[PDB]
Amino acid sequence: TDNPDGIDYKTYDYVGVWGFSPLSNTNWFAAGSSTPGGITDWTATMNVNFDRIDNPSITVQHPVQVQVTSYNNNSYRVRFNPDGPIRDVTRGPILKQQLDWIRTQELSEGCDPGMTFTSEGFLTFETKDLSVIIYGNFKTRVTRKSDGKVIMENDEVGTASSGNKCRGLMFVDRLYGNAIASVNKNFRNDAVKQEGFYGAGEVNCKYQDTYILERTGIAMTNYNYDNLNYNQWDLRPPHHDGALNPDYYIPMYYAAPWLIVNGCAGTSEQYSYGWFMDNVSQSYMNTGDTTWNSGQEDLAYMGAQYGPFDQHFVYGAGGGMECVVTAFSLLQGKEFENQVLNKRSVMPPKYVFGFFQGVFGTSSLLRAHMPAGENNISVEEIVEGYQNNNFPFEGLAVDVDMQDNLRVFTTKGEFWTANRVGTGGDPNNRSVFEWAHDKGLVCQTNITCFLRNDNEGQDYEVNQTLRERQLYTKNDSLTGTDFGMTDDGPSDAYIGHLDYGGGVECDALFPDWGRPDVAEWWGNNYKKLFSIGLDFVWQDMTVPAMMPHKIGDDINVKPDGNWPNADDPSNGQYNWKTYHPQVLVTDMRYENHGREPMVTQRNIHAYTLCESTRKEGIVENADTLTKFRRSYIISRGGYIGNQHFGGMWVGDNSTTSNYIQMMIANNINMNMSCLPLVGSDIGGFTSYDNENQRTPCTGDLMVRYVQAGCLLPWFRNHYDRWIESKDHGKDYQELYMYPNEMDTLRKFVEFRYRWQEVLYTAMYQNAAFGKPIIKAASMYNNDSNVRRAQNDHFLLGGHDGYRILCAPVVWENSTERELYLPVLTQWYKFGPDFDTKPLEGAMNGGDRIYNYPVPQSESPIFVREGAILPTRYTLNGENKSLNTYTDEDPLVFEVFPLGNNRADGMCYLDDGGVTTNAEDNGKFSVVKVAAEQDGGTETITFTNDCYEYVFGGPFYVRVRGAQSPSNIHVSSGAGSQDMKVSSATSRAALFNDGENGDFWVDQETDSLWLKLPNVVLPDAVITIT
Ligand SMILES: C[C@H]1O[C@H](O[C@H]2[C@H](O)[C@@H](O)[C@@H](O[C@H]3[C@H](O)[C@@H](O)[C@H](O)O[C@@H]3CO)O[C@@H]2CO)[C@H](O)[C@@H](O)[C@@H]1N[C@H]1C=C(CO)[C@@H](O)[C@H](O)[C@H]1O
């Protein structure tokens, strides 16, 4: 039952953006005419005639569905299959039942889009603030009720005499290909509109010498790659000479055919809409890039190498780009599952927000058992470096080093306290993870879906059980292609190779995910790791990232590095560093459907791998997790929607100023693509010095790299380590190996740690409401100067999520930067210095300052007026892992200067992930807090949205700029108590000795500290007179 729809597959190789050419018109079909086709529900059908743009006498008929997806969040949808029936996928970001729920709810509220056909046969409908008309040839116009503004319209190519053809719908004559595509007008050169496109996951784009955030006038592609340095040689343009820098026509780790359009920016008449082409074969986004005549300046499109054609336009409930993001997240929501917490994504354990050292080149757990080898390091030495130097440190990212000769899901003797593999729980032979637990730390470890094959007779249960149940991808192809074979077999299995450099490699098999019983099988395997202490997951080589290889060559032999190329094209022989594209894999998009070649769903493999570690690994086997029941995944690849499995790190960056910039833009863009909890390796993964690869990150680059990411969602220093056993990489990169910079380094980690609940809460605001943790400058509304500052200015935190503004310096050996404060509000210089000192005067928003000074010891980070921030200090004053925090380590609602005599704050509370009762049973709290000045009385009010988690220790209000009071009244469900002056004279003595109901006047920081009991948290009126 392979290929049920009779597809003839014309394309298998990687087609660069330069080989994708729908504005070509030749051999392309576009809508020319239609007759109406009925409406049930909110799906209308138009029976559309597609004409060959280059010979319109040739026509075919296919039906197109036009579905309103959310009246309230102004989103609809267009799809059609030109290769067969129209078909609801069963795995993906947008599922039927989440659409069906949204619609049902909205119907109960009595929303009517009034999907109707005029007499002429045109389709008209309405969403909340938008109206839409679609003409005969599919010419689509999207107007905005309030000001009549056309905010979006598709494009039309005229012909010699056959009328006009809407390129809003295009597929290639199935005689010549399978590509699809869709075209809009693009007002990026409109004097008043100045359209600007955004999003597109991990794409990178250079301008002059600087990496930027905007994705306008450029030709991108989604094509998940093993793209080490974001600039892999094989991904270069035809006939490209010299080095290849990362750039926009190079695909990355994550598949996001998604674009957020923002025109008439920062003014009354502004509009934003998102654009998801839901497809998982190689996709394209072209924002009007003339390079290679691939696009035209005044048009934009999306497209794919294969079908079917499914596409979403999401305008959002209201003003600003952010709302596009949140509505998009709704469409992928889990409201239909009655998720009480995880609606828009799954919440990680608190601990996932702390600092992690990853090392590629440890070679034992402890020093006592470390084999002799030049520059070898043990885990024990790392933990020692950090712990001894009072670094706030969370734990390790153990690599394949630990595995037994690269056998995913196992460990070798060296990574245990007693030099042998235990079944664990033996206190005289703890595994890495268990020892790690006793040090306070937690770990992820690396898991690929690569199952060793060259085992040398040696027994490896995970590969053996894959062969038995035939759960491996088979070597069949509709082309008779020979992918190679070894002596280990089996005879009918796809056998790829895994190369990590310097002879660290092996043959491998792989999970044919499509198959049923495969996700169960995958999942139960993580038990071999959970029962030994593994906290969370490090999902890698997810592409699958296999070794380059030419059909015909041996399995362990890759091609010449310069192959393939324009003069010597692949011609169906290159594997593009993964399965040779022809391999028949079982469908991952439609279940019980048959087998397709991988070329048709390449961009789904990692999503699907991630889905399975989630549902079948972490969730089903939570019983076997040890110290924490909740868990997470940090993944390298995936596709839109992946946020419901965990988050992302941007694979293999490097150690240069450019990569810092890139990491930030990437972060910001990944947020607006519904992946909030991502980040890039701090300090860079790969070597960088061309004379001597072993040279490690400079101190100053290390400071800027940490300063820039110390408030990004995922914070992890990871790197390729040179050791005798692996002759590529750098000497060291751990924070503690920098004596000169240690103090700056560490204080910026402590600082993140004090703002831990800020991250936690923002994350909650993402699960609950879908808000991006990190916020493009252009998300701040009514500001005509945020856009120019958008490459390196970003915001996060607070009740609304726009309370902290970061503008990290992005160049090595640099002590200034151009700073823009966003307008119509006040800002305050903050940082690790400002905890133990008074704030400086206000900074008037709307300012541009050239050469704003930033000594190495400082990053530009500001807190807005009106912010109240949940902060967290240790009781004993030391630095300790988040996961060892308990409710005795104070929680501090820091009120800042007031904004129009107002201030507000939100704080999510829950057990941390010790258990899954927050996501499972609604066991959490959401504390709100307000503050108002009224002549002489300031009223700080605590209310709750629910208080299901009982924060067990006293918490504090910290007022900034208000000193010694005449009285403080505290009102509570169990309060009617006046406050008395504490007898402690230091913050430390207030926390540890301080009496409940004690206020302390802090001269040093110009603050007033209120110590209150744990029971008044959910509800109180603090009046300060
Ligand atoms: C560890 C790493 O292994 C593989 O990376 C390869 C590159 O694919 C290959 O191009 C070559 O890279 C050199 C490149 O050719 C040259 O132009 C450049 O200047 O120098 C590069 C090396 O610095 O060799 C490297 C190996 O050294 C994989 O393709 C990568 O995915 C892989 N990174 C993975 C693997 C691990 C180990 O489990 C993780 O530590 C890491 O997080 C993950 O991203």
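In order, the residues displayed for chain A correspond to 14-1038 in the PDB entry numbering, which applies throughout. Structure determined by X-ray crystallography, 2.6 Å. Hydrogens, waters and symmetry mates are skipped; everything else that's a heavy atom, side chains included, is used. Start at 1 and go down the list; that is how both ligands and their atoms are numbered.
The PDB lists the drug found at ligand 1 under the name acarbose. Per the PDB entry, the macromolecule in most contact with acarbose is alpha-1,4-glucan lyase isozyme 1. Annotation for acarbose: atoms under 4.0 Å from non-hydrogen atoms of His741 are 26 (C), 27 (O).
In terms of protein heavy atoms, atom 5 (O) of acarbose is closest to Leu241 CD1, 3.2 Å. Those atoms of acarbose with a heavy atom of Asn459 less than 4.0 angstrom away are 38 (O). Close contacts of acarbose with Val413, meaning ligand atoms under 4.0 Å from a residue heavy atom, involve 38 (O). Within the 4.0 Å heavy-atom shell around acarbose one does not find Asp733. Nearest non-hydrogen protein atom to atom 9 (C) of acarbose is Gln245 NE2, 4.1 Å. The shortest heavy-atom distance from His731 to acarbose is under 4.0 Å. Scanning the protein for heavy atoms near atom 1 (C) of acarbose, the closest one is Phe373 CE2, 3.7 Å. Of all atoms in acarbose, numbered sequentially from 1 with element shown, those under 4.0 Å from a heavy atom of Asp553 are 34 (C), 35 (C), 36 (C), 39 (C), 41 (C), 42 (O), 43 (C), 44 (O).
Put simply, no part of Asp694 is less than 4.0 Å from acarbose, judged by heavy atoms. Atoms of acarbose found under 4.0 Å from any heavy atom of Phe698 (numbered from 1 in listed order, with element): 1 (C), 40 (O), 41 (C). Distance screen at 4.0 Å: atom 42 (O) of acarbose has a protein heavy-atom neighbour inside the cut-off. For atom 19 (O) of acarbose, no protein non-hydrogen atom is found at a distance below 4.0 Å. At 4.0 Å, heavy atom to atom, the residues around acarbose are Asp239, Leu241, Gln245, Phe373, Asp412, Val413, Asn459, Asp512, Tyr513, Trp551, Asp553, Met554, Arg649, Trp662, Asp665, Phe698, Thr699, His731, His741.
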